[PDB]
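Entry featuring gilteritinib.
Here chain A follows the PDB entry, giving residues 568-621, 627-742, 763-862 in order. What's counted below: heavy atoms across the whole structure, side chains too, no hydrogens, waters or symmetry copies. Both ligands and their constituent atoms are indexed starting at 1 by order of listing.
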Amino acid sequence: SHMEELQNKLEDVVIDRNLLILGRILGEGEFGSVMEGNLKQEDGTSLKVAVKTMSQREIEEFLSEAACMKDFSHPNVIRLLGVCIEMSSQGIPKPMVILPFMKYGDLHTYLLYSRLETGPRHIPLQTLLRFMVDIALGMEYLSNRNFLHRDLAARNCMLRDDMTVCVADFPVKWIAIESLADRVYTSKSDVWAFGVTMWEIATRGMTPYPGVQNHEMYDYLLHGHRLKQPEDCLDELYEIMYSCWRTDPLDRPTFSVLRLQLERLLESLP
Ligand SMILES: CCc1nc(C(N)=O)c(Nc2ccc(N3CCC(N4CCN(C)CC4)CC3)c(OC)c2)nc1NC1CCOCC1
Ligand SMILES: [Cl-]
Ligand SMILES: [Cl-]
Ligand SMILES: [Cl-]
Ligand SMILES: [Cl-]
């Protein structure tokens, strides 16, 4: 059964490389690049997509990992469309991930662009808190499938045509105190990272803990200091984000609890 489900998921996940046309490069780096593409669909029409380029063992885990994420269906979690693996001239495998195109790019850049004239308009507080709700909803879905994100941050949240946020790509300043110390990581560690992401949103893209350096962070945290309240951040919003950084991770709210707080606060806005 367990196996049977894995076998099916595996069936679905691969896309014939001839259904796919690559385009220009949207952002090149270390692990690799993100490029625009067209995915030929079952109905005969093409779809604009994004295309991410990243041992047979690491190949097979990539494929098994891709199969599980393809099963994820929620509007605040980025849909994996499928995978291609095209071989090089030197012979190393090149594993491509296919994603729906996110017109507005990543949330962190978008927030930064918004403080420029020619960027997106100033983002009203209501919209910012809607971004938080969307992300909490995404992470609730994940925590209910017991899946850990590991790298939640504003730069890994993506903005869709319709300004829905979805979590994606699932960084000392984002890492829970317990995980710095004992390398151990629960959903409550994702909750920590969420709390930081909320702050990145509420500051419109500031790097967490100005004036503190990465190497200083465990002690800074170990002495009870946390991120400060941003100017024009509602106290209730700050309370919600501060609960994410409680020392005991058992004392932190679940995503489901956070989401419910965030939506209530949003509803109470005029
Ligand atoms: C989850 C991985 C990922 N998925 C997607 C996706 N599913 O579609 C994706 N798309 C994407 C779409 C559009 C853009 N644009 C480019 C033009 C720019 N212009 C510049 C010129 N300026 C005058 C006006 C603005 C505005 C942003 C984009 O920028 C990088 C990315 N990116 C992903 N990963 C990135 C990798 C780099 O780090 C951020 C996350
Ligand atoms: Cl091509
Ligand atoms: Cl999506
Ligand atoms: Cl900044
Ligand atoms: Cl701070």
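- Within the model, the positions assigned to gilteritinib, copies included, correspond to ligand 1.
- The largest share of close contacts with gilteritinib comes from the chain named in UniProt as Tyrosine-protein kinase Mer.
- Residues with a heavy atom within 4.0 Å of gilteritinib: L593, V601, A617, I650, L671, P672, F673, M674, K675, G677, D678, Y685, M730, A740, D741.
- Entry annotation: chain A, source organism Homo sapiens.
- Gilteritinib is contacted mostly by residues of chain A from UniProt domain Protein kinase.
- The active-site residue of chain A per UniProt that lies nearest to gilteritinib, with minimum heavy-atom distance rounded to 1 Å, is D723, 10 Å.
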